[PDB]
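Quick look at a structure containing methotrexate.
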Amino acid sequence: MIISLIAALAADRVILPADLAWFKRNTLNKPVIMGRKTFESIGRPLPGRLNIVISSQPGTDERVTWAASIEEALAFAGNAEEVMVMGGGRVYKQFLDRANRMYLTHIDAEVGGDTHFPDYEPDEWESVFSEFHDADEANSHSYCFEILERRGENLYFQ
Ligand SMILES: CN(Cc1cnc2nc(N)nc(N)c2n1)c1ccc(C(=O)N[C@@H](CCC(=O)O)C(=O)O)cc1
């Protein structure tokens with residue numbers, strides 16, 4: 001199982017219909033993992049996806065799967081090839097070390113707020129996909145879709 005982070009980042013790692021569409025393309029038909037506040041932000045289960053919500057305060061919405069921990073979350077995702085972790089801030093940080101792939105939307109915007117996507121060391125990651133877009137009528141800012149994979153373990157010894 002590949003564990004993947006997916007997130008939209010403004011300038012300075014701070015956390016557009018095209019991003020949402022990108023989000024959907026990349027999560028549809030997969031298990032999606034999220035914290036409770038993110039689930040509340042969406043306002044609903046995501047159709048066509050196995051919704052796993054991690055929380056110590058499991059809600060009454062039986063349409064989604066409620067997990068108490070990362071381990072139980074990954075267990076519900078079973079033998080999936082790829083599990084999508086979609087926020088929020090704390091959850092990204094809690095999954096980072098296990099993640100081997102990241103889908104990142106780099107939004108060209110400078111916005112305040114003190115909630116950041118985790119510090120990751122760029123050297124430890126490589127880009128396998130990248131796609132820039134200009135701002136248009138529907139999308140207020142330029143933005144860049146990117147997929148990063150964790151560089152494999154260095155196996156060489158002198
Ligand atoms: C607030 N929230 C969290 C959210 C928003 N944008 C993101 N964008 C990216 N790149 N990554 C995320 N993790 C992400 N998360 C939301 C809110 C709405 C929907 C939503 O209604 N998505 C529909 C898309 C609706 C449509 O495009 O027609 C879907 O089917 O996935 C998703 C996430």
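Numbering of residues begins at 1 and proceeds along the displayed sequence. Header entry for method reads X-ray crystallography, 2.3 Å. Remember, it's 1-based here, ligands and their atoms both numbered in the order they're listed.
- The main partner of methotrexate in this structure, judged by heavy-atom pairs under 4.5 Å and named as in the PDB entry, is Dihydrofolate reductase.
- Residue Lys24 approaches methotrexate through these ligand atoms, each under 4.0 Å from one of its heavy atoms: 30 (O), 31 (O).
- Protein heavy atoms are found inside the 4.0 Å sphere centred on atom 30 (O) of methotrexate.
- In summary, the atoms of methotrexate found under 4.0 Å from a heavy atom of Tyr92, numbered by their order in the structure, are 13 (N).
- Within methotrexate, counting atoms from 1 as listed, the ones closer than 4.0 Å to a heavy atom of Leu46 are 22 (N), 29 (C), 31 (O).
- Judged by the shortest distance from any of its heavy atoms, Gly87 lies outside the 4.0 Å radius around the atoms of methotrexate.
- In the PDB entry, the organism given for chain A is Yersinia pestis.
- At the top of the distance list for atom 5 (C) of methotrexate, counting protein heavy atoms only, stands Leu20 CD1, 4.5 Å.
- Atoms of methotrexate found under 4.0 Å from any heavy atom of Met86 (numbered from 1 in listed order, with element): 3 (C), 13 (N), 15 (N).
- Atoms of methotrexate lying under 4.0 Å from any heavy atom of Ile6, numbered from 1 in the order shown and given with element: 11 (N), 12 (C), 13 (N).
- Ranking protein heavy atoms by distance to atom 11 (N) of methotrexate, first place goes to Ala7 CA, 3.4 Å.
- Heavy-atom contacts of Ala8 reach the following atoms of methotrexate: 8 (N), 9 (C), 10 (N), 11 (N) (cutoff under 4.0 Å).
- Within a 4.0 Å radius of atom 16 (C) of methotrexate, the protein contributes at least one heavy atom.
- The protein non-hydrogen atom at the shortest distance from atom 2 (N) of methotrexate is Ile42 CG1, 4.0 Å.
- Contact annotation: for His106 versus methotrexate, there are no heavy atoms closer than 4.0 Å.
- Between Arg44 and methotrexate, at least one pair of N/O atoms sits closer than 3.5 Å.
- Geometrically, methotrexate and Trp22 share no nitrogen or oxygen pair separated by less than 3.5 Å.
- Contact atoms of methotrexate toward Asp19: 6 (N), 7 (C), 8 (N), 9 (C), 10 (N) (distance under 4.0 Å to a heavy atom of the residue).
- At a 3.5 angstrom cut-off on N or O pairs, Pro47 does not count as close to methotrexate.
- In the vicinity of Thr105, heavy-atom distances shorter than 4.0 Å reach the methotrexate atoms 10 (N).
- Of all the listed residues (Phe117, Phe23, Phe39, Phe145), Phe23 holds the heavy atom that lies closest to atom 32 (C) of methotrexate.
- The binding site of methotrexate (heavy atoms under 4.0 Å) is made of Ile6, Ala7, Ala8, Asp19, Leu20, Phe23, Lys24, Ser41, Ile42, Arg44, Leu46, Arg49, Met86, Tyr92, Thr105.
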